[PDB]
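Record below includes itraconazole.
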Amino acid sequence: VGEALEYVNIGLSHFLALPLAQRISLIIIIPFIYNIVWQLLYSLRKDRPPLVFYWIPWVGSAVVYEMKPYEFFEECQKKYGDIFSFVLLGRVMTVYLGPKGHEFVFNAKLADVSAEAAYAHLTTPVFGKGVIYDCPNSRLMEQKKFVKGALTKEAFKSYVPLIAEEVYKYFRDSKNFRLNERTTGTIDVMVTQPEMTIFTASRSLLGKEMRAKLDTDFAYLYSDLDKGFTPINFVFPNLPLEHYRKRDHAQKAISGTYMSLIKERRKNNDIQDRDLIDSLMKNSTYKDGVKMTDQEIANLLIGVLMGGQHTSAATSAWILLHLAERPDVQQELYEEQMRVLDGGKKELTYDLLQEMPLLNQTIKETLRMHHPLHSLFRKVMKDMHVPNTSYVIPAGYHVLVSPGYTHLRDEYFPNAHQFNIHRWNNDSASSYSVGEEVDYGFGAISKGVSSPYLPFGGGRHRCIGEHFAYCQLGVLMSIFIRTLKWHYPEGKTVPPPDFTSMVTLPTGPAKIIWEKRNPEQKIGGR
Ligand SMILES: CC[C@@H](C)n1ncn(-c2ccc(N3CCN(c4ccc(OC[C@H]5CO[C@](Cn6cncn6)(c6ccc(Cl)cc6Cl)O5)cc4)CC3)cc2)c1=O
Ligand code: HEM
């Protein structure tokens with residue numbers, strides 16, 4: 001025995017004396033073997049959900065997950081059922097599929113899980129400090145309350161003609177259209193929709209000054225900030241590269257522009273009820289009496305515009321793409337436009353938008369087939385027991401929920417891979433509570449989150465943008481339909497999603513051919 005402890009020591013010294021080749025080689029081959037041994041041992045644990053096997057340590061199942069998450073989830077679901085874990089770039093993600101998963105994660109106790117712990121790197125570098133996920137949850141709840149106060153039915157009545165003006169100006173002035181000069185053309189929807197989206201959301205939420213800025217070199221800062229919104233931040237939120245410097249600069253420059261306007265409006269008492277800026281200036285004092293700073297207000301503006309930017313632009317791109325191979329649906333939507341707007345003799349209003357059920361069902365169905373966020377998650381802060389199981393999810397794990405996956409299951413949506421707006425007949429609401437409501441600080445919302453359709457999530461982190469998105473998308477699509485027909489280049493069809501970006505946008509280039517329904521129609525203005 002004593003002779004063996006000596007040879008331990010001897011073995012240590014010989015190990016350290018190995019050639020620099022073998023030692024390097026051992027450096028990688030040792031934790032490769034340990035990783036594999038640990039997993040086999042982990043599988044013996046009956047209080048842990050099954051863990052997807054993987055070869056490369058740290059990296060885990062990152063490649064297959066990020067490239068086709070729904071295919072990954074379905075294969076895992078077959079082998080293990082609805083609850084399973086996988087390693088993702090240093091983290092352990094526990095996935096809970098289906099409505100019970102929704103309930104488990106979206107309705108989890110505030111003390112059990114943290115969204116800001118999961119997300120703050122995806123957002124704080126882009127938006128700025130003090131808001132969204134760079135603040136306690138109770139602060140987020142009131143920020144959501146503040147933003148929601150600019151998102152009223154009255155606001156939407158005022159936004160609808162502004163959004164319409166931007167769409168028509170885009171049709172008139174953009175090189176992608178020029179409808180006064182050209183009667184047919186080809187566009188990349190991943191070019192047009194981001195532009196139309198920022199033009200319409202700027203004009204309505206930020207106001208005319210901020211909209212005007214986008215006609216200048218200033219627009220390039222939005223591009224820079226936009227490029228700083230990437231899943232890469234999930235791993236590398238700060239790296240000494242030019243990319244990261246333009247982002248940080250952009251955030252500074254853009255928040256500075258918003259603060260400049262804010263300070264001017266106050267130093268002119270020019271504070272009204274026009275836009276989200278006026279609203280936050282009048283209404284951004286927390287319940288404990290602390291006021292948001294001008295910097296925090298500006299940062300909150302950036303976050304709200306950036307969030308609405310990517311979800312919405314992706315969604316209208318998908319709407320155009322699905323309709324491009326469905327002239328029957330374009331036709332049905334057009335007849336509804338003619339009926340509700342009296343053959344075009346009525347001006348579009350917010351109230352008339354609500355009387356367009358097929359148009360709204362089209363948005364609704366697009367959001368079913370294309371949830372812009374395939375995976376939502378939280379960091380586990382306290383050990384969680386999974387009801388009706390012996391599973392315990394340890395703190396330090398992350399939980400992942402994917403309502404978009406359930407959107408595409410035949411059990412909940414018959415022929416789920418078929419685009420059919422009529423599956424929503426007499427059910428054209430963006431969403432609704434089928435029962436009890438609860439209020440987390442930004443208004444009463446559904447207490448239950450068991451709906452198999454959950455494009456806007458649920459619980460305390462639920463979206464507050466849904467009515468703005470439908471308003472924006474509704475106006476945009478109403479004008480598209482009334483103005484244009486469109487179709488695919490020969491042999492093209494709906495592209496597959498790119499699941500590696502922040503949202504699940506179409507893989508580009510995604511081109512459609514438009515043509516004017518009324519070639520002689522002119523769009524006025526200078
Ligand atoms: C290429 C680098 C490589 C190493 N890498 N490393 C990691 N990844 C990766 C990770 C994850 C993903 N996925 C999953 C996570 N992800 C994602 C998840 C949640 C999310 O947002 C949830 C919260 C925070 O952002 C918003 C988005 N939003 C909601 N409504 C409107 N926007 C949000 C909420 C509120 C506000 Cl004010 C702003 C924002 Cl942006 O909600 C955004 C992206 C989508 C891509 C893909 C690739 C990589 O590609
Ligand atoms: C089709 C359009 C949209 C979809 C499908 C969508 C989806 C979602 C989802 C799923 C969440 C929950 C995230 C989570 O639980 O992890 C969310 C949160 C949120 N979204 Fe949206 N969104 C859309 C548009 C918008 C718009 C237009 C705005 C702003 C005007 C917006 C602002 C917000 C805010 C403030 C939150 C709260 C985040 C939190 O509390 O953690 N969203 N959205």
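By convention here, the first residue in the shown sequence is residue 1. Below, all heavy atoms of this structure are taken into account, side chains as well, without hydrogens, waters or symmetry copies. Numbering of ligands and ligand atoms starts at 1, following listing order.
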### Every instance of itraconazole
ligand 1
### Query
Counting heavy-atom pairs within 4.5 Å, which chain has the most contacts with itraconazole (ligand 1), and what does the PDB entry call it?
Lanosterol 14-alpha demethylase
### Message
As a check for students: among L373, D498, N299, identify the option with a heavy atom nearest to atom 29 (C) of itraconazole (ligand 1).
### Response
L373
### Query
What's the shortest distance from atom 16 (N) of itraconazole (ligand 1) to any protein heavy atom, and which residue and atom give it?
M502 CE, 4.0 Å
#### Entry: Heavy-atom protein contact below 4.0 Å for atom 33 (C) of itraconazole (ligand 1)
no
### Query
Taking the minimum heavy-atom distance to atom 18 (C) of itraconazole (ligand 1), which of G465, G457, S501, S375 ranks first?
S375
### Message
Yes or no, since that's all I need: does a protein heavy atom fall within a distance strictly under 4.0 Å of atom 26 (C) of itraconazole (ligand 1)?
### Response
no
### Task
Give the residue list for itraconazole (ligand 1), heavy-atom cut-off 4.0 Å.
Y65, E66, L89, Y119, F127, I132, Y133, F229, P231, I232, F234, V235, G303, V304, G307, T311, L373, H374, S375, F377, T500, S501, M502
